[PDB]
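Step one of this worksheet: look at the structure below.
Labels below follow one simple rule: chain letters A, B, ... track the order of the sequence lines, proteins then strands, and each chain is numbered from 1. Heads up, header says this was done by X-ray crystallography, 1.3 Å. Each ligand, and each atom within it, is numbered from 1 in the order the structure gives.
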There are 4 protein chains.
Amino acid sequence: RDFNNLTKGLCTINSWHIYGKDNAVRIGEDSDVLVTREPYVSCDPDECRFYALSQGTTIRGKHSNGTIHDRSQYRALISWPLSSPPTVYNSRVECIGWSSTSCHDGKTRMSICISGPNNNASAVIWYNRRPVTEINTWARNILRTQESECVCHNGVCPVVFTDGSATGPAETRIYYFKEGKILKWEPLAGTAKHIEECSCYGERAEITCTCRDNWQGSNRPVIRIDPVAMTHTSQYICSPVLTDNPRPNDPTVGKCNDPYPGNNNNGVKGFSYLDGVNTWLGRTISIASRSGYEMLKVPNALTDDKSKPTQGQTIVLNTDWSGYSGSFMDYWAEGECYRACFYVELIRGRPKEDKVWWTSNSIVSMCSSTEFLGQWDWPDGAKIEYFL
Amino acid sequence: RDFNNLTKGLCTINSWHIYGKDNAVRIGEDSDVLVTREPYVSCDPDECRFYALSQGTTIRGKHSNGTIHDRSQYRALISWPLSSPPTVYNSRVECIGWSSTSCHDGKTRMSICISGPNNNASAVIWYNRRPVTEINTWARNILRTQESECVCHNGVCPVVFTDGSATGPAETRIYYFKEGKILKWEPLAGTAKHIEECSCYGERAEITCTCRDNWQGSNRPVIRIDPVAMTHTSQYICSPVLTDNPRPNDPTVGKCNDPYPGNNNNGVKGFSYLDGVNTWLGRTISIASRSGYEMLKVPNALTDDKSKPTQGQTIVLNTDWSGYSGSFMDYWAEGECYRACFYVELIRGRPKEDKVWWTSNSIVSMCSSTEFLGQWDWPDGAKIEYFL
Amino acid sequence: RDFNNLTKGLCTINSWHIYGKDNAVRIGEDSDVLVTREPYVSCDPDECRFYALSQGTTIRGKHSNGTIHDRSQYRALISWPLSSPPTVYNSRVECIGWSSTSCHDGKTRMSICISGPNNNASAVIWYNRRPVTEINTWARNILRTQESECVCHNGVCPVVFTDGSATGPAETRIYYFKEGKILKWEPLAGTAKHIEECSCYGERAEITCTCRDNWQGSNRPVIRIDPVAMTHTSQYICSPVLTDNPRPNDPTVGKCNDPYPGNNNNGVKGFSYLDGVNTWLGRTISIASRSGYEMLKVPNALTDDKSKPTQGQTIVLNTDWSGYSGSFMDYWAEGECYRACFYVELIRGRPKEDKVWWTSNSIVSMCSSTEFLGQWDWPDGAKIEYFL
Amino acid sequence: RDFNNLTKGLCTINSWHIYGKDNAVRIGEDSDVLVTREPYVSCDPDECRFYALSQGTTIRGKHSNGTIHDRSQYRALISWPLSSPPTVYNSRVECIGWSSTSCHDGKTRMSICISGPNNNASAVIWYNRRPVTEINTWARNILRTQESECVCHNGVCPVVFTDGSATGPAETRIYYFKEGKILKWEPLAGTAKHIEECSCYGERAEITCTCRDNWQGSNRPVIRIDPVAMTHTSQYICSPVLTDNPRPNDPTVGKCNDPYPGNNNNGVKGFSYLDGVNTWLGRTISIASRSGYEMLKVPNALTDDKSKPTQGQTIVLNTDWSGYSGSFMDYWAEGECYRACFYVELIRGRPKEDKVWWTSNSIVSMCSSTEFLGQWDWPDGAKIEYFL
Ligand SMILES: *[C@@H]1O[C@H](CO)[C@@H](O[C@@H]2O[C@H](CO)[C@@H](O[C@@H]3O[C@H](CO[C@H]4O[C@H](CO[C@H]5O[C@H](CO)[C@@H](O)[C@H](O)[C@@H]5O)[C@@H](O)[C@H](O[C@H]5O[C@H](CO)[C@@H](O)[C@H](O)[C@@H]5O)[C@@H]4O)[C@@H](O)[C@H](O[C@H]4O[C@H](CO)[C@@H](O)[C@H](O)[C@@H]4O[C@H]4O[C@H](CO)[C@@H](O)[C@H](O)[C@@H]4O[C@H]4O[C@H](CO)[C@@H](O)[C@H](O)[C@@H]4O)[C@@H]3O)[C@H](O)[C@H]2NC(C)=O)[C@H](O)[C@H]1NC(C)=O
Ligand SMILES: *[C@@H]1O[C@H](CO)[C@@H](O[C@@H]2O[C@H](CO)[C@@H](O[C@@H]3O[C@H](CO[C@H]4O[C@H](CO[C@H]5O[C@H](CO)[C@@H](O)[C@H](O)[C@@H]5O)[C@@H](O)[C@H](O[C@H]5O[C@H](CO)[C@@H](O)[C@H](O)[C@@H]5O)[C@@H]4O)[C@@H](O)[C@H](O[C@H]4O[C@H](CO)[C@@H](O)[C@H](O)[C@@H]4O[C@H]4O[C@H](CO)[C@@H](O)[C@H](O)[C@@H]4O[C@H]4O[C@H](CO)[C@@H](O)[C@H](O)[C@@H]4O)[C@@H]3O)[C@H](O)[C@H]2NC(C)=O)[C@H](O)[C@H]1NC(C)=O
Ligand SMILES: *[C@@H]1O[C@H](CO)[C@@H](O[C@@H]2O[C@H](CO)[C@@H](O[C@@H]3O[C@H](CO[C@H]4O[C@H](CO[C@H]5O[C@H](CO)[C@@H](O)[C@H](O)[C@@H]5O)[C@@H](O)[C@H](O[C@H]5O[C@H](CO)[C@@H](O)[C@H](O)[C@@H]5O)[C@@H]4O)[C@@H](O)[C@H](O[C@H]4O[C@H](CO)[C@@H](O)[C@H](O)[C@@H]4O[C@H]4O[C@H](CO)[C@@H](O)[C@H](O)[C@@H]4O[C@H]4O[C@H](CO)[C@@H](O)[C@H](O)[C@@H]4O)[C@@H]3O)[C@H](O)[C@H]2NC(C)=O)[C@H](O)[C@H]1NC(C)=O
Ligand SMILES: *[C@@H]1O[C@H](CO)[C@@H](O[C@@H]2O[C@H](CO)[C@@H](O[C@@H]3O[C@H](CO[C@H]4O[C@H](CO[C@H]5O[C@H](CO)[C@@H](O)[C@H](O)[C@@H]5O)[C@@H](O)[C@H](O[C@H]5O[C@H](CO)[C@@H](O)[C@H](O)[C@@H]5O)[C@@H]4O)[C@@H](O)[C@H](O[C@H]4O[C@H](CO)[C@@H](O)[C@H](O)[C@@H]4O[C@H]4O[C@H](CO)[C@@H](O)[C@H](O)[C@@H]4O[C@H]4O[C@H](CO)[C@@H](O)[C@H](O)[C@@H]4O)[C@@H]3O)[C@H](O)[C@H]2NC(C)=O)[C@H](O)[C@H]1NC(C)=O
Ligand SMILES: CC(=O)N[C@H]1[C@H]([C@H](O)[C@H](O)CO)OC(C(=O)O)=C[C@@H]1NC(=N)N
Ligand SMILES: CC(=O)N[C@H]1[C@H]([C@H](O)[C@H](O)CO)OC(C(=O)O)=C[C@@H]1NC(=N)N
Ligand SMILES: CC(=O)N[C@H]1[C@H]([C@H](O)[C@H](O)CO)OC(C(=O)O)=C[C@@H]1NC(=N)N
Ligand SMILES: [Ca+2]
Ligand SMILES: [Ca+2]
Ligand SMILES: [Ca+2]
Ligand SMILES: [Ca+2]
Ligand SMILES: [Ca+2]
């Protein structure tokens, strides 16, 4: 095997088709399905899999009580076959912790998990299913990372981490790994003012990450990485189609180099594909809660501070719960272009559905089509009343 | 691996032997078995597997209520090891949707699933476990396909689809795929007046499909495809041994080029092997309901409008529930001829057994013998009372 | 891979060591374990596995009621990893039916299952996981076979079948298979008067089978097969150490060429290793019921009508239930000799424990040591009261 | 594959990072998790796995009552994927018995299990998943072994066994195996006065084992083995940092060549890494019970009878239950040095938590870092009240 190189551009996105769906909450009402959150999707050269952070309990188990909580000793990054649910019996543990990323370089997989108390967390970088490198907290305040796949180019896999406040300036670092070893790291540069939970993809030897400015911004920060020079830039999505949550209503003109104000100290992981006229943004439909999900075609969203939608697709109705969303691609597919994909975490239970004592999710995932396909909506599909 | 070519003829069918049986409803009374319907069987060069459309719930799960319904967002094409039941833990998702087909070309597998609302459905064609092509609805009325295996010849895998009314003329198309890409498609030609749910097999470079005329016919339409020329014909089975369900009583003379009347706007998926004197037709025993199943040797059924049985075999007694049936063969077996096989879906629950709130099925499957073997009957075997 | 040849002799048996044990009834009290009976063990070149006839239900499932019955449509030959229990999720179906045998020839595996009603049963011979040959009943009275592994030599795998009465003369045939095809068959010859359920092993190009004379004999019939000439002989074990069950008390002098009388129309599958002074016989400890199990070293048991034990080993105490027993060896092990192995079926439930409505079993298995090892007893270990 | 040679030294241990954790008791509250105890970890060239002795029952099963007991016929050595729990469906049985060790030699795995009654136990040595050698009890008093991995060098895998009293002099033997065959054995020599449950690791062609002196010592005995000469020495850890349990309080000066007194006839399996200044000792925090766990850096612990800690790391708080602990390394990792690892058995249930009727455990495991990482504590995490 050789290292994968990002030699292709994105395919033209004219609509989205269903890729995978696990129905995990429905199925786990009467089967041994692990409680999860913070899911994602990532491909190897011969398989694509679902990933998430387990809570170390099944959803029917009594230990599901309290699973709203973000960072226990009972969490782990798990992976499982595409569109199956994350069960006790089919889930492979990648590493232990409560914040993660993972990516394949074409030869083997790197997985990273962070664990520890808030003031003393540490990352362990696994490569080829073995621990290789460890990184201690630098700011002593919830060292944390992407919660979706990283991207590699000629063996170099950049990863974005943040340590520090969620409600003020923090210390974001871009690490450049190869074979699980640190080649370099850099502090965040550019105009993004706060970074969390980056969702990344690669095309034509560039990695684009769309992140969460938890502190101030309802527009999303964007980091663009050159994995050969091992350098980066940052800015925000200029468009007035705002894509964090909660958020104010859409204005007429956005902000390219500062957070678009109105909502502080909150957010949701999300994503975009930023490719000129071939630009699509994901967002929750609700401005107030993690409800609904839609894709909007917003030509030149990155650079045009008045750009508005020219096409769209509903993924989850506003009467259904959504959650985190992120990017991935099958870098090992056939053909001349990389097909954009994404997933949406469909969160069930607390805090929105507090008649149960747990929080979990299922997954839906879509990839782009060059056709203009009809649209459906893709809810989680479980009935909370069945769990009472 | 090279593409498989249909170089052999059918083996002489002198009886049927048991091939597989999953006992899924019996077992799922106390294990984590998925609710399914629309099953089939399909072989790879090194394994044969069971397939079906999951309902995204176990049979004991509370989400089994409502599984009579045909087309939710919680359905998927799954496959699992031959004669095991479709469990949460052993079922592999092939694609997401509520109508499917799948076949191996000798190199790798093509799977197709259709999803969406009734007026906006779309097919995704997967090849080598990756999405490759997408097809939007052309008639905006429940785009739908075979619900059993497709057949390939030198890489060309024809698939029959229908979009449009179930109770009048519809728009049937034969697509010719290779490596998941569309080489060509054609509209239905010939004398079949309505086509659904084709059951296909190949021999000597010809693919024969026996389908369901839902609108008018109690005889079955037959499509015969030349996968090299990428052309086809259609007609009906001429025989007065009528094989849809519900149906009128058997007459003395059938119809070769039009639907045999008596029953409108209903049917069941079924199959036949049409090979001169070596012709066998499957059918439900009941003329009114999906009850019983039998194979009848009807020499020259395709072409002889007075042909009657010369031999038969009971598969399921008329006091037991049956369901869909379809053809498959192990194109990669040893020997000089292809051994005809079929499966019968044994539907349990609604609507016939409405003391439970679910609908599911198990599978029985048989292949031909050149011996004249004794016959048994093969019921599902579950006791509905245990589920109350 | 080449076909395995029986080139080695037996290792010297000085005691028995534990080889495998599945604890299936204990575990299945609270897990998804299939109801089974008629187990055995058989090796491939790279793995050894447990085998049995499933009943198509879990032990806690409501469909376990009635599993005393021998021959339903819901039975199948399954295999699973050595010493795991036969679960819904780990059991591989080999073929469908209610009487079986299986063996590896060094290249791939042959499995045979018989199904059907009592007057119309048929065997299907699978090779390389595909059906190849079928054999119809010849006597119309419960066609039946070994219920333990067959043995192959240079691709030729003999199998013993019986069709006909269990309580009078029957029609026993030795079939010689190669690649799942029939090379030859012969009717039973020699002095054995009734044959069922042969337990076989091979050494130095000879296959020895120890069987059950259900009709008359409390000594066991022995068939010795030359798999090159494809010929055989039969006789009884001469020893007065009688090894069927139920049986009369041991006499002083046995019978070499006729059934030793006292018990009619009953028996149990069992085994022996017949190798001159290196001869060991298995038997139940009880003369009346399938209780206890012991191995007795009986030099020249086959040929010496006064031979008595010179050594022994208790396997299951007389206060614990036993059941069928049979021979197997790992023909692909390292070293200069074949190590004798056996299993004992530990039957729980009906008819002896009729407070439950099911019948199932677990497995214990042992192989020979050249050491004189200490002995333990190996009960099933489940508590029936837990199942009430 | 070639046999692995111990060519590297230990990496510098500056802290410990999380390696694996199975959360088995939490998960098994509502899934089919086997009852276990005496766990460990061991690597193959391509995978690392968890190991333990099953009790042949699930934790929710009724047969969990009585699982405090050490030595039944229902125990087996099982292995399962790293950080998954030991389930019915994912656990591979290595051999049958109630005392074990296992190690890979670079070509394949040797596993050893001991079974039998107290006065008649026997070891079976498996190699390449087949039984090869058997060893009978020599002292007729609970033949027993390491309960963690063995270590191999150029195919020679030494294993320490003891037979005899737990409360006085016993007969300890070091066996030197190759390909599952006995090359040599030696009686214990040196100054250790009683040996049980050795925890071993290898570096620079030497194997170091830290054991349990059940009879007298609260310091731990150490055996150092030359696997080329097939010779050994023994002594105690000199340090006054005492590491058995129960134990007296730490003194100022320890004992190098005799047991440090204060506690008789009890102990716990434990471990150390003894490498000059790079020396780390594990121990329970409590002096009275199997509570808490910590690692202490004790330069020259082996040889310096006044050595005290210079650094430490808490692994399990003193308010949480611990248990056995042992060493392992991934001898097949990349890089220039072997990374020290260990596990801690987190025992739940009897005797400390006697509101339940079972005894089981989960696993936590850590490996060394050259960084000075922040520390967390890693409890089992189950709530006993949920099991009532
Ligand atoms: C079968 O399936 C197919 C395929 O899926 C279905 O067809 C799809 O149908 C959907 C729904 O209609 C479409 O999605 C919407 O797309 C529009 C964009 O298209 C419109 O606008 C285009 C741009 O027009 C402008 O520029 C052009 C270019 O110069 C100019 O010509 C024009 O005058 C104007 O200045 C038009 O080009 C386009 O027309 C074309 O397509 C038409 C078909 O759609 C066709 O009829 C035409 O002939 C022509 O070819 C079309 O007019 C998105 O704008 C829209 O998204 C908004 O609305 C949804 C709610 O519906 C909302 O959730 C979105 O967030 C968004 O609206 C919010 O954000 C705006 C941006 O800031 C803001 O302005 C809004 O006020 C609104 O904001 C509020 O809500 C948000 C969210 O809660 C909140 O944050 C804010 O604060 C605030 O409260 C949809 O995405 C698909 O594109 C269409 N696909 C295709 C291929 O056709 C078909 O319907 C199905 N069939 C059946 C029978 O069901
Ligand atoms: C052990 O196992 C073996 C192997 O399985 C068992 O043997 C099997 O036994 C079964 C049951 O008997 C047989 O199946 C039936 O086969 C007959 C066909 O064979 C008969 O007809 C042949 C043709 O005769 C005509 O042509 C010849 C050729 O010229 C001519 O000579 C003759 O005069 C006549 O004009 C005969 O050749 C054949 O004889 C041969 O075989 C005999 C053994 O079977 C043997 O004794 C003879 O010596 C000779 O060798 C034989 O007479 C099928 O017709 C039959 O199917 C009909 O009946 C079943 C109900 O039983 C029904 O469900 C079927 O649908 C079908 O009948 C319906 O459809 C007809 C067609 O339209 C219609 O005419 C009927 O009125 C009826 O229609 C009604 O019901 C349907 C369905 O509900 C409904 O849709 C309609 O509207 C309407 O209401 C069976 O398939 C096997 O062939 C036989 N196999 C073998 C190898 O022998 C054996 O019994 C077992 N042993 C034990 C002890 O159990
Ligand atoms: C730790 O583990 C070890 C290893 O497992 C334990 O040692 C084992 O201990 C057991 C139990 O004692 C032994 O099994 C029995 O073996 C005897 C055979 O050995 C005896 O007989 C030999 C033959 O003697 C004759 O020939 C010689 C040769 O010429 C001649 O010298 C002699 O005078 C005589 O004519 C002796 O050679 C042998 O001595 C040797 O070994 C001794 C140790 O065992 C040792 O002390 C000596 O120095 C010497 O070295 C020894 O005397 C079997 O006969 C016996 O099986 C019978 O009894 C059991 C019940 O215990 C029964 O279930 C069996 O079925 C069988 O008895 C039935 O069948 C007979 C045959 O028809 C019949 O005659 C009986 O009446 C009886 O029949 C009744 O019951 C059956 C069944 O229900 C029913 O069907 C009938 O109708 C009827 O009702 C045992 O197998 C192991 O061999 C021994 N192993 C070793 C290596 O030592 C050790 O005990 C353990 N330690 C601890 C502390 O627990
Ligand atoms: C974020 O994470 C990091 C990384 O984990 C956290 O930092 C870690 O913090 C822990 C907790 O503080 C540290 O563990 C302890 O380490 C000490 C050892 O370090 C001290 O001692 C060193 C040696 O000093 C001596 O020699 C030097 C060399 O000459 C000499 O200079 C000195 O004067 C003296 O003579 C010092 O070098 C060292 O200083 C260095 O590090 C300091 C940071 O720790 C730093 O501030 C300094 O500047 C300097 O750089 C330091 O002073 C262990 O001794 C200790 O273990 C004892 O205590 C724990 C309880 O806390 C107990 O459980 C242990 O068993 C042990 O104590 C028992 O055994 C002793 C031995 O017999 C005995 O003497 C005791 O009385 C006691 O015995 C009793 O209990 C036992 C057990 O129940 C029982 O068996 C007995 O019978 C009896 O009842 C801890 O392991 C880490 O080392 C430290 N790691 C790092 C890299 O810094 C950080 O805190 C986290 N941040 C936050 C915000 O939480
Ligand atoms: C796409 C779809 O919903 N197809 C239906 C099919 C259909 O209604 C008739 O053929 C009429 O068009 O009928 C049946 C049926 O049991 O009759 C099941 C199928 N269910 C599923 N494939 N999910
Ligand atoms: C084919 C069949 O039903 N064989 C029977 C067998 C048989 O009844 C006797 O050998 C008499 O012929 O007995 C027994 C038995 O436990 O005695 C079980 C077998 N059960 C099964 N193989 N399923
Ligand atoms: C073979 C055996 O039973 N070994 C025992 C061990 C032993 O009792 C002491 O070391 C004293 O000899 O103690 C313990 C223990 O928890 O202390 C568990 C072990 N349990 C098992 N390995 N099954
Ligand atoms: Ca925000
Ligand atoms: Ca019809
Ligand atoms: Ca369950
Ligand atoms: Ca008998
Ligand atoms: Ca001690």
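Looking at ligand 7, one finds the drug zanamivir. Taking the chain with most contacts, the partner of zanamivir (ligand 7) here is, per UniProt, Neuraminidase. Other chains near zanamivir (ligand 7) (heavy atoms under 4.0 Å), by letter: D.
Nearest protein heavy-atom neighbour of atom 19 (C) of zanamivir (ligand 7): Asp70(D) OD1, 3.6 Å. At a cut-off of 4.0 Å, no other ligands or ions are listed near zanamivir (ligand 7). Residue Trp98(D) has at least one nitrogen or oxygen atom sitting less than 3.5 Å from a nitrogen or oxygen atom of zanamivir (ligand 7), judged on distance alone.
Residue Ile142(D) touches zanamivir (ligand 7) through its side chain alone, judged by heavy-atom distances below 4.0 Å. With distances taken over non-hydrogen atoms, the option nearest atom 17 (O) of zanamivir (ligand 7) out of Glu345(D), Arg37(D), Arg290(D) is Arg290(D).
Shortest contact from atom 12 (O) of zanamivir (ligand 7) to any protein heavy atom: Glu196(D) OE2, 2.6 Å. Protein heavy atom nearest atom 3 (O) of zanamivir (ligand 7), with residue, atom name and distance: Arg71(D) NH1, 2.8 Å. Under a heavy-atom cut-off of 4.0 Å from zanamivir (ligand 7), the UniProt substrate-binding residues of chain D that qualify: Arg37(D), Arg71(D), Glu196(D), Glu197(D), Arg212(D), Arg290(D). In terms of protein heavy-atom proximity, atom 14 (C) of zanamivir (ligand 7) is nearest to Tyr324(D) OH, 2.8 Å.
In this structure, atom 4 (N) of zanamivir (ligand 7) lies nearest to the protein heavy atom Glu197(D) OE2, 4.4 Å. Other-chain residues and nucleotides with a heavy atom under 4.0 Å from zanamivir (ligand 7) are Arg37(D), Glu38(D), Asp70(D), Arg71(D), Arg75(D), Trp98(D), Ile142(D), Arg144(D), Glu147(D), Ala166(D), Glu196(D), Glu197(D), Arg212(D), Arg290(D), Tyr324(D).
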Within the protein, flag every N or O under 3.5 Å from an N or O of zanamivir (ligand 7), and note the pair and distance.
residue              : atom   : partner   : partner atom : Å
zanamivir (ligand 7) : 3 (O)  : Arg71(D)  : NH1          : 2.8
zanamivir (ligand 7) : 10 (O) : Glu196(D) : OE1          : 2.7
zanamivir (ligand 7) : 12 (O) : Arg144(D) : NE           : 3.4
zanamivir (ligand 7) : 12 (O) : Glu196(D) : OE2          : 2.6
zanamivir (ligand 7) : 13 (O) : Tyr324(D) : OH           : 3.2
zanamivir (ligand 7) : 16 (O) : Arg37(D)  : NH1          : 2.8
zanamivir (ligand 7) : 16 (O) : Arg37(D)  : NH2          : 3.4
zanamivir (ligand 7) : 16 (O) : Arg290(D) : NH1          : 2.9
zanamivir (ligand 7) : 16 (O) : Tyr324(D) : OH           : 3.4
zanamivir (ligand 7) : 17 (O) : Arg212(D) : NH1          : 3.3
zanamivir (ligand 7) : 17 (O) : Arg212(D) : NH2          : 3.3
zanamivir (ligand 7) : 17 (O) : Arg290(D) : NH2          : 2.8
zanamivir (ligand 7) : 17 (O) : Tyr324(D) : OH           : 3.4
zanamivir (ligand 7) : 20 (N) : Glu38(D)  : OE2          : 3.3
zanamivir (ligand 7) : 20 (N) : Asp70(D)  : OD1          : 2.9
zanamivir (ligand 7) : 22 (N) : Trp98(D)  : O            : 3.1
zanamivir (ligand 7) : 22 (N) : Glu147(D) : OE2          : 3.0
zanamivir (ligand 7) : 23 (N) : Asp70(D)  : O            : 2.9
zanamivir (ligand 7) : 23 (N) : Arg75(D)  : NH1          : 3.3
zanamivir (ligand 7) : 23 (N) : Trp98(D)  : O            : 2.9

